[PDB]
Amino acid sequence: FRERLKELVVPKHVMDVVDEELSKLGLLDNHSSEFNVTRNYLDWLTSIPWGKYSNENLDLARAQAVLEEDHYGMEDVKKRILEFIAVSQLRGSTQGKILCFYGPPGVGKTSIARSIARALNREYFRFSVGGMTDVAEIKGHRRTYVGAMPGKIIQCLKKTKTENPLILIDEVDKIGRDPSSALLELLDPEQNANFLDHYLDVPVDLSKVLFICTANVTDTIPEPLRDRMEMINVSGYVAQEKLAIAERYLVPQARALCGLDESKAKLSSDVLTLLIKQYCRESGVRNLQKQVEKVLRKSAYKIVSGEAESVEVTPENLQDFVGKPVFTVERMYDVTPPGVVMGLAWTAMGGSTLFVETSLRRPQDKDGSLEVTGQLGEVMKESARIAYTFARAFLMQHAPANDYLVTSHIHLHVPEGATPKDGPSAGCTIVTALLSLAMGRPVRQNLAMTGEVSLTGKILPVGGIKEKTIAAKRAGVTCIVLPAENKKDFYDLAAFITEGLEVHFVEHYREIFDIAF
Amino acid sequence: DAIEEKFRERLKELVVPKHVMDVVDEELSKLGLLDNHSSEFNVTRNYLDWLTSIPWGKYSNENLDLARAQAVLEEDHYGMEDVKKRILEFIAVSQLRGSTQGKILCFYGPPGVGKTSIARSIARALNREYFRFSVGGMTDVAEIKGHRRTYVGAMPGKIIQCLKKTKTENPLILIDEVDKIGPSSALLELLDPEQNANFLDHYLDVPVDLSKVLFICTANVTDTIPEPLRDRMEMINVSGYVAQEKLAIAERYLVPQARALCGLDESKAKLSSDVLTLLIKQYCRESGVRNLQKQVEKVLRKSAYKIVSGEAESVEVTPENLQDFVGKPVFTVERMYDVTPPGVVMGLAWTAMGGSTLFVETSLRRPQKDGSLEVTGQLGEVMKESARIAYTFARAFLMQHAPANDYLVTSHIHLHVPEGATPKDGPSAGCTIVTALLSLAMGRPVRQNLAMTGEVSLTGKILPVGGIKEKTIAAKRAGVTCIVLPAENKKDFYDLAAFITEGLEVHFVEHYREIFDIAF
Amino acid sequence: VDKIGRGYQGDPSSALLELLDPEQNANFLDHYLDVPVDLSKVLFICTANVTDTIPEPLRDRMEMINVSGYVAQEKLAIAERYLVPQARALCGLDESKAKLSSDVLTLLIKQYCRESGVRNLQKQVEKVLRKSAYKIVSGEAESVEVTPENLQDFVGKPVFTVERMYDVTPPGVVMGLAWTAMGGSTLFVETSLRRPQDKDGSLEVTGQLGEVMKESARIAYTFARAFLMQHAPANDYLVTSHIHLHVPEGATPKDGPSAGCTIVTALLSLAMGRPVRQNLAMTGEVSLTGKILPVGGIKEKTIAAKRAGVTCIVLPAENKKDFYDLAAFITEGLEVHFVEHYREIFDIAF
Amino acid sequence: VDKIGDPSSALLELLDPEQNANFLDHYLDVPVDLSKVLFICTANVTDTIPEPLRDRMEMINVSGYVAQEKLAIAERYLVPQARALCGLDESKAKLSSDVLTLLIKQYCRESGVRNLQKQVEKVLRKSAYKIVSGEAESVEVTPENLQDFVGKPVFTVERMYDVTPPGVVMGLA
Ligand SMILES: Nc1ncnc2c1ncn2[C@@H]1O[C@H](COP(=O)(O)OP(=O)(O)OP(=O)(O)O)[C@@H](O)[C@H]1O
Ligand SMILES: *[B]([O])([O])[C]([C][C]([C])[C])[N]C(=O)[C]([C]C1=[C][C]=[C][C]=[C]1)[N]C(=O)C1=[C]N=[C][C]=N1
Ligand SMILES: *[B]([O])([O])[C]([C][C]([C])[C])[N]C(=O)[C]([C]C1=[C][C]=[C][C]=[C]1)[N]C(=O)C1=[C]N=[C][C]=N1
Ligand SMILES: *[B]([O])([O])[C]([C][C]([C])[C])[N]C(=O)[C]([C]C1=[C][C]=[C][C]=[C]1)[N]C(=O)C1=[C]N=[C][C]=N1
Ligand SMILES: Nc1ncnc2c1ncn2[C@@H]1O[C@H](COP(=O)(O)OP(=O)(O)O)[C@@H](O)[C@H]1O
Ligand SMILES: [Mg+2]
């Protein structure tokens, strides 16, 4: 009854509400519907914590030791959390921000939230806005409908019993059809102080909550939401990074979940590099986690079934635990013919490498044409047209007797003809492929290039230098050609990502021609 | 019975009209006959709760001191001249007629230019009550007009809830994002001085008097607003700020507020004007100070960390060490061509994020039966048709000027506008395309620091264009020293601040012959 | 009534079919009363902007009567007889403290307020009046006068200033008239040789033309060929030349079956190397054999012609009733020629 | 579980092993420990609304059956149960192996046995009628009268060509 509120610091308006609802409760009689609906209303109103904050430890070094020990890498998230702690110290009060991590699947966006709430000692709640289409799942129903529930944030405040509980909203890319309004008001510093749930009319404060959001790509998020939160990039890992993550975090966790311990089941680091290079193709450690779980589960069975008293997974018997090595190519061409050139692409899942093939379409050396296939977007077809024009101009100025590309009928294809692809990059790639076909020369053998081209030959910047460079390193390239204006993007990469890479920053195509031949 | 007294007491400080009093008496006498357990009693008590929580005569005591209100406005925002002049005229009229009043305004402009915050500043300057009301993406008319008492989940809609929350009958309601409304025929009644005096909410079933509410709508564009709704409300433009205004805003409003938000002191964290100019010029590219606020907050956060953690006792940010806080510059090019080849010409464009500079490149698709022109660069249909017009006029002009050229009628040309991923549109760049074609044909480059904008017709007439301010700013920023505008944009250009048109040798033209004699 | 929601759950425009039945109003059955109520003595008045959005069964029960817009003279009368006095009653000013002379109001209508309604004129009037009130109550003045020179200091910069692209027409252009919501509008039709020689010819059109207008261009091109063949059988222009036709202001979309005669005249003037009469607008749909067919919006087109300084207007002969139903001040100084076939337009224009 | 309608958060809380020990139901005010019950859930597509379920739910994929496995299933489990349901027995109505392979190959090609079950029930109902009415004191189904029981074959010869001319080549879909 009224004892659930003597520990709470109840506001005045909600005090009037609970008083008038107590009057209604007392005037009504038992075993009646109205009695029960008022009972539920008052129970919900007296279950909300109206004045309490969780004791938040603003100690810097302890929180840094907490964060740095349960998650590898991810410097941006930890730096932002430490600055958050510093600002909370200076302000003297417990404050709240709105953050958003975006990155490929399985890079720690969800577990870093839990470790963060453990560091700040706040509570923790998670709920996904993925498939929801009606706003009553957040704002709640109304007290009049036959089945009435107060939503999914009042439930947070009730079960956590706090006013700053670090709500994590997973997967805000997926949104039905628009609850984005309720989302924004929930994620707005001007609409947070008063929330006004639908079930219980009285508003509640949310300006102390720490809203963390996780997405895979920023563009599917509504533009209104793309301004009420900061954007921290959680990036994918490399082979050695994945291996460190595996050894230090995945094997212990999966093992302690399966029941075994360090003696009864081991995984040599060579087995882990096998499960990384071949049995997995990703920028995260999700499928790697599944593979390690499968290995340890079969190990647990072989233990309990009495086939062996301890298992040591080696490269010699990994097949008995996972089967055959999918992904045993790692790049289409090993030695490129005169017509094909390696290019770099990227997407939300991470970087990727692709090739641009050219060929003659009719048997000779009335102008030539250029067929283009490969499920290419409109921008990519226009870039191919620009590349064709500039390649003809360049071949005329450099080898005025070739006559190729002027009388020849060419066909240009980008393999994997099933997957669609777009973008203004690979213009320099298309120019290089056409010129190498016209000259009958193959380009340097481990070489990838990325960069937009213009009708006069200038090389314009591109995007996603980090992921493209990761993919080029993984595909085993030694040289790489970039636009000169992406130097600042390239030199933000860690020192171990750009070790065996010979880099060239160019402004005009003549430099790319000098490099590729 | 005590609820009869509670309802009859709420209407003591109110001057209730006659029809509302009739409805209240009927509903009270009806409530005095129901059973406290039936749903009829619940719905009648809800009706009498909503009927008495309307401020039937309660007005707020507005501040009508012009000097006090001007001082309030001038110390909350910066340079919103038209909005402040409008509110001062509003006060002047309310003072000259002695009674309160209501209007329906619409502030429209690019994002982040303080449209939705000047509303709160005005509500404070006027001593009104402020209410937020978002309409973007709304689809249900029952949010404006409500449902009957009959239905279960029945609320009286947003305006009645406003009147109940603000407790005054002349609040300031900010109908936000009327250009993105999904439903809009209810607003035709909400804000229409004819019907406005008797607004019928479907729940109350008794008309309210919104004739003294100051409605303020915000939008980014006026093209997506229905024509009658644009006919109802008054449009007031809130344009984006130039670099100097952005600097003044950062120095006066953004850095102090971000220090307050980060819990700093002025002695601890300092940002010189050079650092702020560097931010504005290189780390953010938009019309209003919205990303600049984020950059300032980031710098101050990293300063707070360097202090609390124990690095230093004071942080003094310089244009040198600014990298250690926000990283490397983002927009440090300012121009694609330094010396234009014989076939490229610099044009001007603009968007909601300010103005831009783009070049029109041309070249030969085939060596040395007529010619063709292939255009690429993600051009809209208007831009492609302008390219066709430019091609035809360039052919005719070169025929009349150099009759023995034979170019432009026998050559196959490719025309490109770089940044091939960016979609472009608009009838301008006609003169730019004509100049590109003629320069490629004659083998001559244009004047070296020259930008031109203007729609061309089939006989060579230069027609007016839009966004002279933004194009002029972008040309000045890109190091342009000669600008060629249409003659009918002369007043648009001369109504610009003196610090924009300072070092620009401008030329106003009517026919293309004048542009040709300039550019060559 | 043209804005009722036809939602997934609810179509009230079908429940109106009983409320507005001239014969079945006498027994209108409400679902709460369950007793028919005689409604045949009620004066129902509906208001709409567009008529086609009302279902035909419903549109048949109403007596649709039209409330047209206002021409400049009616707008000036409305202003100085209802708007300025009401604006003064609102802003609490007096006739003696700020006077809006008829010259100022005429200029304000001519340059700023051009649509059919009278709702923007109200806003400009009260803008002037509130700026005067702020000058007065702030002590910057004790009385304000608004003249046609300091008007731009009150309302801003004019919105309409040119009214005419070409003042003297070259051998390829010809003036046509259009219907707009902001009064009428004048537009020209430019034609130009596209290739360096006077294997057949071709016509390319630009200017954001609708489908009906492109078809009108095709028909006008065919008839222009036929007419120039019968008239000057040795011209050979329009048969082997590559023409480009442009309706300037290439950003705004334009449509309609009019401008047939305009396009024929443009092509013929280009072929003969002759400009048309220097103050001559024309409008009319042409057919494949040359017949000039009726058009719409005669009031607006005539207003726009008279406003752009046109002295000779040409209309189809079946628009004579439309033209002579216009007020006396609209059609007083215009030499109008009504035509049935195109040959008459050719004789007028040359 | 993917045909569920708030029941989503209710299940999300129920399956949780930290809220498992205290499951207070609205009828019994007394809590009950459910930390010893074993929960299994089945579905057909993993495109249901809650994603944090799939974080706690361990997905296992039950693939289809090739024709041999379907025939073995039909001979061992399906036909006995259908006989039990129709009241027949192996002496009265017999379904040989070749007729079952024919039935699978020409009528039921999906990944499950939902269609083959209805087909064998159809055969057994026709057989029950034939033995009760008196057309035959015992029925023997054979690949030359199965259509008299189930109607026309659904699938066909599967080879448009037997010997390919110079132009045509067989691909697989
Ligand atoms: N001239 C100015 N003076 C002071 N502050 C300003 C000014 N312009 C913008 N701001 C600041 O910008 C911030 C946000 O601006 P606001 O959200 O009002 O922009 P907006 O135009 O409403 O954006 P949107 O159209 O997207 O709603 C406010 O905190 C405000 O202080
Ligand atoms: B480039 O950076 O623009 C690049 C060119 C690529 C087609 C060789 N495009 C991409 O990488 C796109 C993403 C994108 C970039 C820029 C604009 C629009 C889209 N990714 C892909 O095309 C792709 C295709 N298959 C697999 C992975 N990624
Ligand atoms: B012009 O004013 O028409 C201009 C031509 C430009 C492509 C050289 N176009 C634009 O300025 C458009 C805005 C617009 C104006 C008029 C009608 C429709 C649209 N802006 C852009 O195309 C653009 C492209 N890239 C970056 C920024 N703006
Ligand atoms: B005509 O009367 O059809 C005319 C042809 C004009 C392009 C020379 N068209 C219009 O008047 C249209 C309205 C219309 C009337 C009748 C049928 C279809 C359409 N208006 C416009 O074309 C226009 C032109 N410029 C600006 C705005 N509107
Ligand atoms: N640095 C890391 N240390 C430990 N675990 C990691 C790390 N990076 C990723 N993981 C693993 O990734 C998984 C979480 O991925 P998540 O961020 O949920 O991806 P998504 O939400 O995009 O599917 C966890 O199993 C976690 O163990
Ligand atoms: Mg706004």
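Chain identifiers are assigned alphabetically from A in the order in which the sequence lines are presented. Numbering, chain A: per the PDB entry, residues 421-597, 602-789, 796-947 in sequence. Chain B is numbered as in the PDB entry; shown residues: 415-596, 603-788, 796-947, in order. Just so it is clear, chain C uses the PDB entry numbers, and the residues here are 592-789, 796-947, in order. We number chain D the same way the PDB entry does; the residues here are 592-596, 602-769, in that order. In what follows, every heavy atom counts, from backbone to side chain, and hydrogens, waters and symmetry copies are set aside. Structure determined by electron microscopy, 3.2 Å. The entry is not shown in full; contacts are counted within the portion that is. For ligands, and for the atoms within them, numbers begin at 1 and follow the listed sequence.
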Ligand 3: main contacting chain per UniProt: Lon protease homolog, mitochondrial
Drug or drug candidate at ligand 3: bortezomib (bound form)
Contact chains, bortezomib (bound form, ligand 3), heavy atoms < 4.0 Å: B
UniProt domain, chain B, most residues near bortezomib (bound form, ligand 3): Lon proteolytic
